[PDB]
Structure formats: structure tokens, C-alpha cells
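Notes for the one structure printed next.
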Amino acid sequence: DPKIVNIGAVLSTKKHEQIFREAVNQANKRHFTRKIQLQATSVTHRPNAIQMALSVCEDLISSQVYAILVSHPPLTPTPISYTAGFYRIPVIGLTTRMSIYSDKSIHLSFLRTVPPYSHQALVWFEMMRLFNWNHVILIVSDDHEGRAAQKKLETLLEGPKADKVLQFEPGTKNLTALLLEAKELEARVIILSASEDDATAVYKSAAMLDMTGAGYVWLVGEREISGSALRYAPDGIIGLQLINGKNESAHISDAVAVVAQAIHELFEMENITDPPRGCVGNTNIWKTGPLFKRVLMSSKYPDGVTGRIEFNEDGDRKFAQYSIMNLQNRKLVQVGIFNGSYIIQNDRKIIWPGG
Amino acid sequence: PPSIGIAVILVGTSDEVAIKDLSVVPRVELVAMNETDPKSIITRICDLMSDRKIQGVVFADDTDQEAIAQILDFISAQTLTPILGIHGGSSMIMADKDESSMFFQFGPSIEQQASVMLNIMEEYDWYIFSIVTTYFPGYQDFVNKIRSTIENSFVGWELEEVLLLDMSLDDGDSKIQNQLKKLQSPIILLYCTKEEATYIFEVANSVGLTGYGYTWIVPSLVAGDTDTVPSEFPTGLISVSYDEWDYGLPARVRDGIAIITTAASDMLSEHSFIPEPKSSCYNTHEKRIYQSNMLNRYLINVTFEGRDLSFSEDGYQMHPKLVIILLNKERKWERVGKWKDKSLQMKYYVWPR
Amino acid sequence: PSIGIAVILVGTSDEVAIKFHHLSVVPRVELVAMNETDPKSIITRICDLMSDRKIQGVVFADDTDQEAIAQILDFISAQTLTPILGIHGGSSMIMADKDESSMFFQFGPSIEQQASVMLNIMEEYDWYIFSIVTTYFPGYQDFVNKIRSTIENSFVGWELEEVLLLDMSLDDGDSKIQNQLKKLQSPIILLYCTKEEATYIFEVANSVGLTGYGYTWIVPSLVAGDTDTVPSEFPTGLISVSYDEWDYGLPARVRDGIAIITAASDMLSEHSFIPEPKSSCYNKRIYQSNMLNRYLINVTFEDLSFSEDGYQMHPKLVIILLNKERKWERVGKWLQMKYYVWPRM
Ligand SMILES: *[C@@H]1O[C@H](CO)[C@@H](O[C@@H]2O[C@H](CO)[C@@H](O[C@@H]3O[C@H](CO[C@H]4O[C@H](CO)[C@@H](O)[C@H](O)[C@@H]4O)[C@@H](O)[C@H](O[C@H]4O[C@H](CO)[C@@H](O)[C@H](O)[C@@H]4O)[C@@H]3O)[C@H](O)[C@H]2NC(C)=O)[C@H](O[C@H]2O[C@@H](C)[C@@H](O)[C@@H](O)[C@@H]2O)[C@H]1NC(C)=O
Ligand SMILES: C[C@@H]([C@H](O)c1ccc(O)cc1)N1CCC(Cc2ccccc2)CC1
Ligand SMILES: C[C@@H]([C@H](O)c1ccc(O)cc1)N1CCC(Cc2ccccc2)CC1
Ligand SMILES: *[C@@H]1O[C@H](CO)[C@@H](O)[C@H](O)[C@H]1NC(C)=O
Ligand SMILES: *[C@H]1O[C@H](CO)[C@@H](O)[C@H](O)[C@H]1NC(C)=O
Ligand SMILES: *[C@H]1O[C@H](CO)[C@@H](O)[C@H](O)[C@H]1NC(C)=O
Ligand SMILES: *[C@H]1O[C@H](CO)[C@@H](O)[C@H](O)[C@H]1NC(C)=O
Ligand SMILES: *[C@H]1O[C@H](CO)[C@@H](O)[C@H](O)[C@H]1NC(C)=O
Ligand code: NA
């Protein structure tokens, strides 16, 4: 018999649990499994953060999982990351895009198969070269996510330059003050990073100050053309959607493939120890945890359902693909894709604000 | 007068006898606890909370596990219960506690320890130095506190290197070694955890950076329990330390109970009510419209027995009494200085070999 | 977030005509019907609705003239620290001296404003000479003192002839009340008492010849009560100050009482919490506070605020005359009067 290596997962529904089970079963089939064979162990999300942490211990770590897949339920992955990070058991985020999970101090062994919101800056930057927008105003919310997008785009800029970056307190409903400071500047390209409800506040103010018509360009992310942010969004806005970013099934499939590969690569090495069995009375890290993480971080899976899977230095997905969306006659229209490294414009014409 | 439940949790060999000696009055109940992993700690508190009406929690432990502080902070924030880490890992400074934390720790802030370090350096005219940290939370507070003290001084400070070490990966690529081999300064400030330090020191030695010519200064949480000295710690190691000497456990539990009681009192006597202790952790998602951070404003400013036992919002102590310790040749930690009120008074004029 | 609000309706009610939130909390309203109005019934119904859904407030409307309902609600409110709005019927009949811990508020003018109005009606038609007649019904002192302190300020030259205090807590075998009334000379008499009390007083007054031409009685809201219920003993020519169901109907009130309670938003938005509804009436007091009041009192919707006394700051008052055809007729608005010469009644 082979050594049975458990992989864990906290997923949304029993249906997705069955997909995980089936992905692992296929990994066993496609891999040579005389020495090591994977076993799937999963639960669905608990109603609160304390019960979730306890579930991690009683249901998963009790089975010595080498890794834990985690999705966004239908209540963040945080309790799962803390508990698993206590032991240095790696966590693979399947659907969270919050930038906070890219911070090694808090999330020690966290990788994800989707990029953080702030990486949208990579697309904006490619978009600025293409349409030759050399002068831009950046407007971000003054919270972690807003600041992440700013740091990330400033990095790419330091060619095209940011003329000023304006920041606003999240939850503020009258931004006429903030926006009048940007009207007075020359540059008419405006990049926005904000949650749904803050984008709404900006769009309204923007409009009442008549900054949404001919001459002005608005470049935005996914949150800013989602749900309510769409109800008041000006026409001609350009926005982004992460392709498959919400397909839990696709991400389970890919995460399991990367993890199976990494497990097998790990057992090609020596002095691999098992994870702790259960939480109670165990306070030492899993000695092989940091090595398993290194192997994962540098895994490369080319033929992924969600594209080309590689991780960057923070364990964030690289080579993500985006739909480039333009709001035309109040409809979201795909005018292109960012394919991982290249902008590809399709036959549908961009209508700019005004037009 | 009405009674508030105060659970006092003692982990490890403790003297309960010595330990067990306002508009509202405390009903203490000492509870022991054997384990300090996340399930044990979450469970013992959630059970303690479903039996009695615990209004606050005083936590002491006998370990060097800084993770305990983070476990508690999470519990405190999830259930909106005050928790005081008065001793052990529970008191190892935690940076960036939750927005809704009611977790407070007996000990100096990261920034103050860093200030204390620069005071030591100025006294012995050690002006040239380098910094090594890991990603352990606080490291930025540490590096920035140094950087802006330096920047704002008419003193010839010179920061030669700042290294950042990634302890989340294995070191089979010899990365840590190749970073360490870049240091030149005779003083090195190290910010990381105790378990991390023992690995770093083992490596620095293999690279000739531990002996004479190199002085390492380190924070309270690296020293941890002074009766547990990893063999890889270099002789001559300097450390700040919360004075467990003159301020023992039974004293700390005293002030612990005082702060939760004084705080409660102050708040009934200005609001005619006190936050009702949630009887369950399994229910904190619904019940949260009805729960509040409110006691924080009082927990933070308690004067007791003419001592100012107050906290910062960041959840560390305002005026900790600190001791500067030096690891001697017999590998025992030796007291060599006191920090009182922004005032450092050392023992030696010339530094010991 | 969602907060439960019980709208209780006694007797006849158009429950279909009765049935938004930009605010920080959302009302999960439940329309509840109650048959009887004795203390047990009202206490039993409210307590049980509380040991079910979590009730952050109550909106209460009855049809009856029973001013006791207000008193029962104040008691229930103070005991369980649950806000209660008395918006219609007996529950809105002003309660004087509500409990300190009370979270009970009523739609209607204060005793003090009603007395202020009556003196205005008086000044309008130059009725400067009068008497007062109260029973011991709470607020009688509030009433008299407001009249007395207003006159003393005035150069209008008022003359208060008699002030009678009628003990309606004893029987009338000695015909004591008949004799107290026989003492009245003045052409205007201001009467403060309950509806059921007034019907008695009037009968005794009709017997001593004080109700015809040349004697005019002015009576507060709770005497008039429901205007579709007129006791035969009420003297034709009765002047009252009512709280109009004429421009502010039940459904309007019930909507406004939910806008008041849905307070919760204000307190949540500032203290990131709201009081946990008394799971029961079987209690553990160091925990509940009075904190919500400060907010229930300052609610601006489309100015709905109260006094801490528990009455509306800005109620619209209609002056009514009981006429020869014996229906209550609107003859003023609060002061603008329909008539310039007071008609003979
Ligand atoms: C996103 O979009 C980009 C751009 O379209 C794409 O990257 C290009 O992919 C093509 C096709 O794989 C690469 O092509 C071959 O190009 C070489 C030589 O190229 C050099 O000059 C070009 C043009 O100036 C430069 O762009 C390059 O930097 C080089 O300097 C050529 O010799 C070659 O041909 C032989 O093989 C052919 C088929 O492959 C065959 O038809 C022929 O007869 C020859 O025997 C190709 O035509 C191209 O170089 C890439 N461009 C850039 C800028 O990198 C991304 O695609 C890749 O991702 C996956 C799917 C694989 O297809 C990879 O091999 C590609 O690298 C695309 N990304 C995604 C995720 O789809
Ligand atoms: C992520 C590390 C950490 O902060 C750290 C340690 C060393 C570093 O070099 C860098 C970071 N933590 C995460 C949380 C863990 C505690 C926990 C477990 C379950 C629930 C709540 C809280 C304890 C360890
Ligand atoms: C004392 C009278 C009253 O105020 C009154 C009536 C006529 C007067 O001339 C003078 C006074 N009340 C007392 C309370 C009663 C209602 C009640 C029952 C149970 C619990 C709380 C409240 C209703 C009758
Ligand atoms: C999601 O991905 C799976 C691939 O496993 C695919 O079968 C399904 O059609 C996808 N659904 C969407 C939303 O495209
Ligand atoms: C926990 O372990 C200690 C140490 O052996 C023991 O004395 C204590 O009684 C244990 N707890 C219980 C409930 O027995
Ligand atoms: C804390 O308590 C003191 C002592 O009564 C009080 O005077 C002071 O206002 C408070 N200090 C703060 C935090 O402002
Ligand atoms: C009103 O409800 C009560 C309580 O069940 C019941 O006893 C009574 O018969 C009902 N009357 C009507 C109007 O249906
Ligand atoms: C109500 O009263 C407060 C306190 O006087 C006042 O400052 C505030 O403007 C008012 N609140 C609202 C709802 O506007
Ligand atoms: Na990561």
C-alpha cells in the first residue's frame, strides 16, 4: 500500500465538495501513485469565525492535511489562514481578491489562484501605453485596498506619469470637494479604486460636476462596475472582469492539479515529515511546512482551466486574464481581453465618455 | 453592590495561594489550563463563558509562544470580551490588533523598546549599526521608529543595512546565510520571535557574526522567559525586558482584576449599565448588532492604588517598568540597567566583557 | 440589519391600507391584532410577542376611549425597557408623570400646550373671566399651574374666580359634587378630567343649571376622546381641543411610528450597537440602559421629535365645537378661528 496524503478544503457547497473529491481522484489517476496517494478531506464554511477556526482543527488538521483549499462562501478565509498558519500548513485561496492576503506578516503561508484587486494596475498600465495616456489622476479610497492599488501602480510608473493621487475616506457620500481638486488639474484620464458603494459616491459627484462627458476618460476595476456601482456609472467607462474569477469549480480543478504536482515533487526530497495530527496539545510548526510552501510557490502549471498558473513572490496568481469592459448605452460590452501579458482588442469599438 | 465575573486563566506551574491574595465588585474564579494550541485556548474560554457570566479575562502563561497573544486577540475581537495578557506569550507584544479588539497586554510597545535601544546606544556612543528583522508583525513599526528617531537627531547615527528575512520558506537555498554575510556594523538590532532568533543566531555564528566585534540587541519577546536560554544565543546578547523581577505574577493578577473592575464601575456610574457578557461563541454572528467595544474607553485609563495602570489604544502598557539584561558567560541573564520614566539608568560606565 | 417592530391594533382596523430604508437598519414589521384591553390582556400579549421575535419597539393603536391603556403601556415600557409609541385612541391620551425609566411616547399635545391653546381661544373672543374644574386625574396640577403662571405674566386682566378639585374616587351619596359645582359663577369653565368622569360631572351640572346658554365649557383632548362617540350628557356647545384624525390618519401615524423606532439607526451608527430586546418579562438590570431614548426623541423623517415627558413637540391641533345637531364640528386650527363672533350654542 501507498502512503496516504490528505489535502483539505473549505468550500461553498456540498456540490463543490464533490468536485474537490473528484479532482483529487483524477490527480490520483493521472499521477504515478505507488509511493504516495492523495485523499480529499473537506467541509463547508461555518456561520462565524470562531466556529470556522474550530472546524479547521477538528475536521481538517485532525486528518493531517498537507494543504487547505479555501473559497469565498455564498465570513472571510481569515480564520482558516490564521489556524493553518499557526502550523505553517499552506492555504490556497480560490476566490478572494482582497489585497490584505498578500501580506506575509499576517498571512504566512497563503497562496491564491486568483490575483488581488490591486494587480488590475498591470492592466491599466498596459492600457496607458496602448492608448497613450501619459498623464493621469489616480483616485483611491483611503483603506487597505485603495492604498494597495496605488502602491502597485506607482511601482509600474517608476514614460507615463501620475499627475496627482487623491485619497478619500471610505463611506464619505459627498466628494464634490475631492473631485473639484482633480477638475482643476489638466490631465483628464482618471483611474479609480474603491469598493462598490464608494464608487457610487464618486460617480454621482463626478456627474454633478460634469466630469463624465467628452474629453474625460474613466479607467476602473471590477468592483467599480459591479452590483450597485453599475446603477450610477457614467457611459464610456472602461472596467475589468477577471475571467473565471468567480468560477469555484474551475479554481478547485486547477488548485488540485497544482497541489498534486507539488505533493509529488515534495516527496522526491528527503526527510519530509507529516503535519501534526489535530490541534490539541500541538504547538510546534509542521517542520516541512516552509519547504512545502517553497515548492508550491514555484510550481508552474501551463494547461490550466483558468489559464497559465504561476505564483509571484507574495504567492499571488500571475498571468491572470481580464475582460476589458466598456459601458455602452448603459450595457457592459467586452471590447477586449488582457491575456496575461498582452492587450488584445476585439472587433467591438470602444465608445469613450461623450461619444 | 452587583457582581461581575472575572475568569483568571493560569497556564503552567503557578502558585495559586500566593495569587489568591467601587460601584461594582469582582467575583474571581481561577482556572487552570494545560494546552496552548488554538483549539484548547478557544475552547477553554468559550466554555468558561457559557458556564458563568465572565465580564473580563485575565490571562497568564509560562511559555515563550507569542502566538498565544494572537489567539487571544482574535477571541477578544470575535466575542467582544476584554482580555488581559499579563504574562508569558500572552504578553508578548502584538502589533495591529483587530479594530474591535479588547485585548490589552502588560508590556512595552514595539516603538518604545526601539527607543530604549537607541538610548542604550547613545549612552555607550554606539552610533553605527544595522537592522535585521523577519516578517513578524511589528517589524515595520520597529524599522520606522528607528528611522525617524535617527532622522530627527543632531547625533551621528549611521544605519548601514536593513535586512528582511523570510522565515516562511526553508533555507536550503542558503538565502538567510547570504543576506547575513552582508552585515559590517558592530551593533545589530534584531527584531523577530524567540524561535526565529535561535535559527538566525545559529546561522550568524556559522558566518562569524556572534563573537567579539559584534553586539546584538534584541527585544523582550526574543529573550522571553529568562530561565530558558537557547544554546544558540550568543554570549553578550543584550535585551530589553519587562521587569518580571520586582513585578511578580500575584501582583499582576491583582492589577488585572482591578482594571476590569474599575473599568466596569466607571461605566455603570456614567451610563447606568454594563455590557452583558455573551453566553456563547457559537452565536456571535447574529447577536452582534447588540454588542460593543464600549468598555475600551475605560479599560484604557484606570488609576489604581496611586499607580497609573493605563493602556494605549494599540493595547500595550503606557508606563512599563523595563529592565536591561545582559546574557553572561555562565549563560544566565543578568540585569544591567533600568528604564523608568523616559529615563535610562545603566549600571556600568564601561561596557562588560 | 433587521429590527423587529410590533404594530399592535385593538379593535376595528384597515390592516390592508396600513401596509423606505436608506438608513442603517431595516424594519421587519409584524401587524398584530388584540381583542381585549384589560391590564392582563395587554401585558400578556406584549410579553409573549417578546418571548418570540426580538422586539426593538412597539407601535400601539386602539379605538377605545380608555385613557388607562396609556398607563398600562408606560408601566410595561418602564419594566421591560422597550420603547412604546402610543399613537391612537386610549394609548394616546396624554399621560402625566411617566416613569423615569419609561420609554413610552405618545402622539398628542402636552397638557401644558392644551392649556396654552384654551387661553388663546379665550383671548380671541375676549373671555377673560373664568373658573377651573379638575378631578385628581394626573396632570390636573400641570393644567392649573400653566393657567395660573400664564395669567400672572399677563396684562390682559384675566380673572380666575373658582378652582375646584373634585374627588371622584368616592361615591356621591352626600351629593358633595353637586355642592362644589353650585359654587360656580363664571361664564367660562375649563374642565380637566377623564371622559367617563366628564360625563358624570356634566350630568350633575345639567341638574344645577350650568350647561345652557351663558355657560361655556372648554375641555381637553381626552374628554372629547373619539368624536364618533358622543355621550348624551355632553352639553351642546362644548368646546374641545382634539388631536385630528382628520389630516393625520391611522396609516400615516403607524408609518411615522415605524420611522421613529427605525432611532435604532442613529444609535447603531454612533455606538455600533443597539439594546438587546428583553427576551422576557421574567427579570438582570445592570445590563439594560435608557440609551435609546435620546434618539427616539430627535427623529427627523420628512420634525417628529418629542419631549422627554413623552408627548409630541409639534402636533397639529383642531378646535372642535359640539353643535346642536350633536356632531363634533371643526371650528379652528392651531391659532386661527373659523368664527369672529362666537355663535350661540
Ligand atoms: C498573449 O499574447 C501574446 C502575444 O500574442 C502571446 O505571446 C506570443 O505568442 C506567440 C505564439 O506562441 C509567440 O510566438 C512565436 O514567435 C517566434 C519569434 O518571436 C520573436 O519576435 C516576436 C515578434 O516581434 C516577439 O514578440 C518575440 O518576443 C520574439 O522576439 C516565432 O519564431 C514562432 O514560430 C515558429 O513556431 C510557430 C508556432 O509557434 C510556427 O507557426 C512557425 O512556423 C515557426 O516554426 C512563433 O510565431 C510570440 O513570440 C509571443 N509574443 C510575445 C510578445 O511574447 C502569448 O502566448 C504564449 O502563451 C502560451 C499559450 C503559448 O502559446 C506560449 O508558447 C506563448 O508564449 C499570449 N498569452 C496567453 C496566455 O495566451
Ligand atoms: C502568521 C503568524 C504570524 O503572525 C507570524 C509569525 C512569524 C512570522 O515570521 C511572521 C508572522 N501567526 C498567525 C496567527 C496564528 C494564531 C492564531 C491561530 C488561530 C486563530 C487566531 C490566531 C499564530 C501565528
Ligand atoms: C390611578 C388610576 C389613575 O391614574 C386615575 C384615574 C382617574 C382619576 O380621577 C385619577 C387617577 N389608574 C392607575 C393604573 C391603572 C392602569 C394600570 C394597571 C396595571 C399596571 C399599570 C397601570 C389605571 C388607573
Ligand atoms: C466553470 O468552469 C467549469 C470548468 O470545470 C465549466 O465546466 C463551467 O462551464 C464553467 N462555468 C462558467 C461560469 O463558465
Ligand atoms: C491537565 O494536566 C495536568 C498535568 O498533568 C493535570 O494535573 C490536570 O489535572 C489535567 N486536567 C484535568 C482536568 O485533569
Ligand atoms: C482617564 O481617566 C482619568 C482619571 O479620572 C480622566 O480624568 C481622564 O479624562 C481619562 N484620560 C483620557 C484617556 O483622556
Ligand atoms: C379575536 O381574537 C381572540 C383571541 O383568539 C378571539 O378569542 C376572538 O374570538 C377574536 N374575535 C374576532 C373578532 O374574530
Ligand atoms: C438632534 O439633537 C442633537 C443634540 O442637540 C443635535 O446636535 C443634532 O443636530 C440633532 N440630530 C439630528 C438627527 O440631526
Ligand atoms: Na501569500
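Within every chain, numbering begins at 1; the chains are lettered A, B, ... in the order of the sequence lines, protein sequences first and strands thereafter. Both ligands and their constituent atoms are indexed starting at 1 by order of listing. Header lists the method as X-ray crystallography, 2.6 Å.
The drug seen at ligand 3 is recorded under the name ifenprodil. Counting heavy-atom pairs under 4.5 Å, the chain with the most contacts to ifenprodil (ligand 3) is listed in UniProt as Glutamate receptor ionotropic, NMDA 2B. Lab note - other chains with heavy atoms under 4.0 Å from ifenprodil (ligand 3): C. With a 4.0 Å heavy-atom cut-off, ifenprodil (ligand 3) is reached by the backbone of C/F137 and by its side chain too. Per the entry, the organism of origin for chain C is Rattus norvegicus. Here the protein heavy atom with the shortest distance to atom 19 (C) of ifenprodil (ligand 3) is C/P39 CB, 4.1 Å.
In summary, the atoms of ifenprodil (ligand 3) found under 4.0 Å from a heavy atom of C/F75, numbered by their order in the structure, are 20 (C), 21 (C). Proximity to C/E197 (heavy-atom distance under 4.0 Å) selects the following atoms of ifenprodil (ligand 3): 7 (C), 8 (C), 9 (O). Neither the backbone nor the side chain of C/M168 comes within 4.0 Å of ifenprodil (ligand 3), counting heavy atoms alone.
By the criterion of a heavy-atom distance under 4.0 Å, the side chain of C/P138, and not its backbone, is placed next to ifenprodil (ligand 3).
When the heavy-atom distances from atom 13 (C) of ifenprodil (ligand 3) to C/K40, C/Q66, C/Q71 are ranked, the shortest goes to C/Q71. Under the 4.0 angstrom criterion, atom 21 (C) of ifenprodil (ligand 3) counts as having a protein heavy-atom contact. Ranking the protein heavy atoms by distance from atom 17 (C) of ifenprodil (ligand 3) puts C/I72 CG1, 3.6 Å first. The heavy-atom binding site of ifenprodil (ligand 3) at 4.0 Å consists of C/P39, C/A68, C/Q71, C/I72, C/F75, C/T135, C/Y136, C/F137, C/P138, C/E197.
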